[PDB]
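Structure of interest - contains (R)-ibuprofen.
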Amino acid sequence: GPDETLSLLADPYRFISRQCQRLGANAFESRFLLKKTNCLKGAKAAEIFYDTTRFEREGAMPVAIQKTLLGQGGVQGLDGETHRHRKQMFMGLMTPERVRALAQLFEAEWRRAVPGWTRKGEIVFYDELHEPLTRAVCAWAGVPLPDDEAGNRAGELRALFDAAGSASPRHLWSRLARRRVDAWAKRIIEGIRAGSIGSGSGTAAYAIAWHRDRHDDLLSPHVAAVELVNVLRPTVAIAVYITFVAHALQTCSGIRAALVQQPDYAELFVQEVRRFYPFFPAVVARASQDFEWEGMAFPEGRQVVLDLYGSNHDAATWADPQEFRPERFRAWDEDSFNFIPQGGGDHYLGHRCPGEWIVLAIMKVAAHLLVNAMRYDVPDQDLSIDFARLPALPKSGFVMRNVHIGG
Ligand code: HEM
Ligand SMILES: CC(C)Cc1ccc([C@@H](C)C(=O)O)cc1
């Protein structure tokens, strides 16, 4: 078959579901770079993708991603009992109490940032979110962050994910940002271990610095650093979802009113933001043994990609996936495979995002502040979603004018 790396890169979110629609199937064989790849979409495909007797992650992460978005040696590249033991370290962080504490820190940081936004007169909303998130998550995680370094650290964390999937000199900045953030996080881990940094026993940095692997050994300092970044970085990336929350409030009639008046609505709304908007395009794994599924061959070693966006827009599951309708979540049965913006399956037994509770809690804070606290004007701008960008964003970045929180 032809190599279609370029076709995929031009339409990273929609390429798979578009081909699926043309072929009338939920799976097709393709090729990206050197590797024949089976592309999968939908609930049944997600269920097989998360079967760890048939799929492994070892060696599926590209070098370019190790050097930017994810780092080297982290939980994403692990399988089996080694993976599950490392995953438990992240899950232990996510108690209702700790998630609430992070949400509260983020509201405080958002409120702290508003006067700056007022004084600026006009802001790019997306651009302004990274720093308050950075401040909140570092405080929550037990990571010291001097006031005069917060801006710079926020830019470096942003560069790991916002510049990672950019085929421009921005990728070179992403690589440098990765080297810097690893060295910084490593100094944090070392200081905790030496006792020079007093992170509390409940905090992410403490848990990661003192984690013991399956042989009762501490993580090497570089791996501990990478895992700490695996908490800090994607929390800052919630800027993307917060921007989409603002976008939905601006472009979908009746949403603001429903959020204002109906109490149970916020939960439905943030879930629909995660379903509707493109963010994490797709996940990659490798077949661990020969098998056949739905008449498709999966030879041992075959690269397989699971299309998250397409799955979240599958008409078989949702009926009218093209509409933004929070109400649809009244009928959801909490299935582990049919709604997968942050992965599918089980959080402990597979690679599903442990950050979901944090994401939901922070999106709820954002929705609350944007409807009940913030006042802002939205000038004429290009609000259309850039499906060519990784991560996707409204083309304008969501521009606000005359922002205040006292009214
Ligand atoms: C900002 C929005 C976020 C999105 C769209 C997102 C999405 C995802 C996806 C799709 C995966 C991969 C699932 C798989 O490989 O099968 C993942 C994994 C992961 N996420 Fe998130 N996530 C977000 C936020 C967060 C947050 C706030 C945290 C903080 C702890 C986090 C931590 C992780 C970690 C450590 C993994 C690797 C888990 C593993 O491999 O077992 N994520 N996420
Ligand atoms: C770089 C591409 C693959 C898109 C992308 C994936 C994940 C994130 C967040 C959730 C993160 O993990 O930091 C941000 C962007």
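Chain A is numbered as in the PDB entry; the shown residues are, in order, 9-415. Every number for a ligand or one of its atoms is a count from 1 in the order of the listing.
In this structure, every copy of (R)-ibuprofen sits at ligand 2. Most heavy-atom contacts to (R)-ibuprofen (ligand 2) in this structure come from the chain listed in the PDB entry as Fatty acid alpha-hydroxylase. Counting only heavy atoms of the protein, atom 8 (C) of (R)-ibuprofen (ligand 2) lies nearest to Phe287 CE2, 3.9 Å.
Nearest protein heavy-atom neighbour of atom 15 (C) of (R)-ibuprofen (ligand 2): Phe169 O, 3.8 Å. The deposit credits the origin of chain A to Sphingomonas paucimobilis. Among all non-hydrogen protein atoms, the one lying nearest atom 9 (C) of (R)-ibuprofen (ligand 2) is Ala245 CB, 3.6 Å. Evaluated by nearest non-hydrogen atom to atom 10 (C) of (R)-ibuprofen (ligand 2), the leading choice among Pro349, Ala290, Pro242 is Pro242. Covalent bond for (R)-ibuprofen (ligand 2) in this entry: none. Shortest contact from atom 13 (O) of (R)-ibuprofen (ligand 2) to any protein heavy atom: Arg241 NE, 2.6 Å. Of the protein's heavy atoms, none falls inside 4.0 Å of atom 5 (C) of (R)-ibuprofen (ligand 2). Besides (R)-ibuprofen (ligand 2), ligands or ions with an atom closer than 4.0 Å to that drug are found; these are ligand 1 (protoporphyrin IX containing FE). Evaluated by nearest non-hydrogen atom to atom 3 (C) of (R)-ibuprofen (ligand 2), the leading choice among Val291, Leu77, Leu398 is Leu77. Near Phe288, the atoms of (R)-ibuprofen (ligand 2) lying under 4.0 angstrom from a non-hydrogen atom of the residue are 6 (C), 7 (C). The binding site of (R)-ibuprofen (ligand 2) (heavy atoms under 4.0 Å) is made of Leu77, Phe169, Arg241, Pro242, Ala245, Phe287, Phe288.
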